[PDB]
Amino acid sequence: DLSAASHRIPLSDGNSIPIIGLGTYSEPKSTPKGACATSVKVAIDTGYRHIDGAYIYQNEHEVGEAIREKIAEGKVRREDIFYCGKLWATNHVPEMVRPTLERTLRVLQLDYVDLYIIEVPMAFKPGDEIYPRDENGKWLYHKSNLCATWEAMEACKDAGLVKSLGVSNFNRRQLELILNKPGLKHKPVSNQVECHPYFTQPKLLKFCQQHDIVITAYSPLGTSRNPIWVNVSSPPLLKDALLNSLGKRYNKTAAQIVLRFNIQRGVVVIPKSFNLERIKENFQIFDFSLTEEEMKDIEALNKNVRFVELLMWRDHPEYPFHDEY
Ligand SMILES: NC(=O)c1ccc[n+]([C@@H]2O[C@H](COP(=O)([O-])OP(=O)(O)OC[C@H]3O[C@@H](n4cnc5c(N)ncnc54)[C@H](OP(=O)(O)O)[C@@H]3O)[C@@H](O)[C@H]2O)c1
Ligand SMILES: C[C@]12C=CC(=O)C=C1CC[C@@H]1[C@@H]2C(=O)C[C@@]2(C)[C@H]1CC[C@]2(O)/C(O)=C/O
């Protein structure tokens, strides 16, 4: 079915999305300049046709640099590349949405993005600081109004600035809000959330499928496990006994096993790697398939524990991780 040359799955709005993509977040201070650009280029050469990024990653300009060069050389046409950008918490004010998208378009130097999503359901105080906090370190929040923000996102698609609209880190309630919104124009086609063998998102996935919403699994390899923000209570996902055991069976790494797992269930994966060898390794997941029994055993690894909890914002009205899903 899915192959290296053809692995795009349909979105509810008529568009399609490559089931595998390259994630581009990397610790700014511990990441060499140009690393993201080089990686995106290698990814496209390897076969990737989906790049997931965000203005707040502070490297969106490198992403554009790489994409434009590949188009310029004729490696791919703009329509062959799928780029996803995100609207940060400090840009949820309706009037700020379009200008925020336009900024990203100017940074990437492209006419449009394939997918633009609300980064988090929580709104933070607008400004030049992506992490608002007063003198006491108290997080400066802002009253959220998802419906209004969405209408602003819908306007962007009406203007032809983005092909598809979606969300990220949205729970069932927040999704319903948009889905049941009076006079809804464009339903969200995707919800990007943490998803892997240790957090399979069983209920959220079923809900999203009822509405034809595709789930993009971020941190599909269990994250970089940076203690500064990652909950390390759970052991290294890639060190899992079963995942590695199944890997020996197909002569694949645990990383490849976990990526095959999600894409085989229709979940898009956006593994991040700025390493030449690992970028290639993560794409080699079309030359084999997991048996149903194996698929069920891997799913059974679910621990219901998030690597990305974002506890520092558990008090924000829109914190999405309080509910079961
Ligand atoms: N929307 C949201 O709220 C949200 C949140 C977090 C992340 N994301 C997106 O999701 C992407 C993926 O998640 P993530 O970066 O957190 O995590 P991840 O993709 O789960 O894991 C990345 C870590 O794994 C390493 N790695 C990559 N391939 C490997 C392989 N084959 N074997 C062993 N280690 C490997 C990477 O190091 P090397 O680079 O050295 O290979 C890096 O430290 C992000 O980069 C971003 O585009 C979205
Ligand atoms: C999840 C998150 C927000 C949405 C997104 O697309 C990607 C990321 C990955 C990096 C996270 C970021 C945050 O939410 C803020 C964090 C957690 C940052 C790493 C350190 C950080 O910048 C911090 O500690 C300041 O608050």
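All residue numbers refer to positions in the sequence shown, counting from 1. For the numbers below, each heavy atom of this structure counts, side chains included, while hydrogens, waters and symmetry mates do not. Order of listing sets the numbers, starting from 1, for every ligand and every atom in it. Structure determined by X-ray crystallography, 1.9 Å.
For ligand 2, the correct pick from clinafloxacin, indometacin, prednisone is prednisone.
The chain sharing the greatest contact count with prednisone is, according to UniProt, Aldo-keto reductase family 1 member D1. Among the NADP(+)-binding residues UniProt records for chain A, the set within 4.0 Å of prednisone by heavy-atom distance is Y25. Polar contact with prednisone: absent for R133 (N/O pair, distance under 3.5 Å). Of all protein heavy atoms, the one lying nearest to atom 13 (C) of prednisone is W313 CH2, 3.8 Å. Per the entry, the source species of chain A is Homo sapiens.
Checked by distance only, prednisone and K86 stay at 3.5 Å or farther apart across all their nitrogen or oxygen atoms. Of the listed residues (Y57, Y55, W229), the one carrying the non-hydrogen atom nearest atom 17 (C) of prednisone is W229. The shortest N or O to N or O distance between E119 and prednisone is under 3.5 Å. What sits closest to atom 16 (C) of prednisone on the protein, heavy atoms only, is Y131 OH, 4.0 Å. According to the entry, no covalent attachment of prednisone to a chain is modeled. The closest protein non-hydrogen atom to atom 3 (C) of prednisone is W88 CZ3, 3.9 Å. Judged by heavy-atom distance, the UniProt substrate-binding residues in chain A that approach prednisone within 4.0 Å amount to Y25, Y57, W88, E119, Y131, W229. For prednisone, the closest UniProt active-site residue in chain A and the least heavy-atom distance to 1 Å are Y57, 3 Å.
Residues in other chains coming within 4.0 Å of prednisone by heavy atoms are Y25, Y57, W88, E119, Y131, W139, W229, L310, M312, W313.
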Distances for all N or O pairs of prednisone and the protein under 3.5 Å?
unit_1, atom_1, unit_2, atom_2, d
prednisone, 6 (O), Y57, OH, 2.7
prednisone, 6 (O), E119, OE2, 2.7
prednisone, 22 (O), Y131, OH, 3.0

